[PDB]
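Below, a PDB structure including imatinib.
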Amino acid sequence: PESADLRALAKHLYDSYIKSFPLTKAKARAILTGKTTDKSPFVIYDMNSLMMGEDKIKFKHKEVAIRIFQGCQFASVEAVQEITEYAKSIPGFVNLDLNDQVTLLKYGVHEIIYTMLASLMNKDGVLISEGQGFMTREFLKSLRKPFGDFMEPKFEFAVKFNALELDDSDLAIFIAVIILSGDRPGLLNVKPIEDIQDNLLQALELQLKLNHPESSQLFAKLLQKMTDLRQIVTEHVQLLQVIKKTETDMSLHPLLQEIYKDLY
Amino acid sequence: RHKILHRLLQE
Ligand SMILES: Cc1ccc(NC(=O)c2ccc(CN3CCN(C)CC3)cc2)cc1Nc1nccc(-c2cccnc2)n1
């Protein structure tokens with residue numbers, strides 16, 4: 001039936017997800033429990049460990065808070081490219097209006113970054129540089145303001161979100177559902193977007209049944225978190241309004257500028 | 001406006 005077309009969708013999306021993103025939640029969780037036979041991540045808990053850790057972290061090439069925040073930017077910019085490549089794999093996404101493609105990504109990417117960033121997070125800290133590093137939550141709190149407050153809400157959201165014990169195959173459709181948001185400010189031709197999202201939501205529903213109990217209630221939980229996201233995305237962009245003025249010295253990445261342009 | 005986004009999409 002059409003219940004077969006939905007498993008095809010979920011499996012096509014999952015394959016795009018594996019290929020588009022370097023590190024799956026599967027591996028990320030393995031690393032975070034030491035359970036992996038792979039080498040341990042260099043643990044960063046203070047400036048000393050950061051300065052010793054420059055070795056095992058994808059380099060950049062002057063203040064530690066600003067240097068750490070500068071690390072997030074390059075990671076975010078790589079994520080936007082991985083997310084943009086994945087969106088292109090969502091059946092009918094590239095057939096949409098190229099202005100609507102830009103709009104869906106503009107608003108979608110930070111919500112998906114935070115969804116996927118939870119995969120790398122526990123209460124104690126965050127896997128960075130594709131699992132080669134582990135930056136502690138306490139250390140990130142210890143940064144001078146406004147940089148101290150930069151990643152706490154992401155930690156807060158991740159501990160709630162990780163509750164739902166979703167898998168990669170759940171996350172592939174979920175993030176596809178987040179991109180295909182009909183209600184994004186500035187969208188020209190909504191109904192084609194809203195059509196696709198209905199398809200993805202059916203596939204998400206089916207996927208969640210075949211993998212979890214209290215499915216409608218999980219599926220329900222998972223669609224309210226989808227607004228917990230827009231919250232922390234709004235909160236995040238205000239903190240960057242703060243940082244753009246209060247820290248005139250440090251510059252923002254041109255791609256991160258294209259996105260935050262007229263955002264909330 | 002949105003030059004790099006356009007580039008990455010049409011890429
Ligand atoms: C401090 C921090 C917080 C978060 C992140 N990472 C991200 O923001 C991020 C978000 C989403 C993804 C997407 N990813 C794909 C899918 N997998 C399952 C989940 C997530 C990847 C990274 C990096 C960092 N820090 C970081 N990362 C790399 C390098 C450096 C760094 C630090 C100091 C000097 N030079 C470099 N610092």
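Sequence lines set the chain letters: A, B, ... in the order given, protein chains first and strands last, and positions in each chain run from 1. Each ligand, and each atom within it, is numbered from 1 in the order the structure gives.
Structurally, the greatest contact with imatinib (ligand 1) is made by what UniProt calls Peroxisome proliferator-activated receptor gamma.
Using a 4.0 Å cut-off on heavy atoms, the other chains next to imatinib (ligand 1) are A. In chain A, most residues contacting imatinib (ligand 1) belong to UniProt domain NR LBD. Within 4.0 Å of imatinib (ligand 1) on heavy-atom distance sit the residues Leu23(A), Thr24(A), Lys25(A), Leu50(A), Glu54(A), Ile57(A), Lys58(A), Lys60(A), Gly71(A), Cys72(A), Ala75(A), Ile113(A), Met116(A), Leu117(A), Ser119(A), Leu120(A), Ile128(A), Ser129(A), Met151(A).
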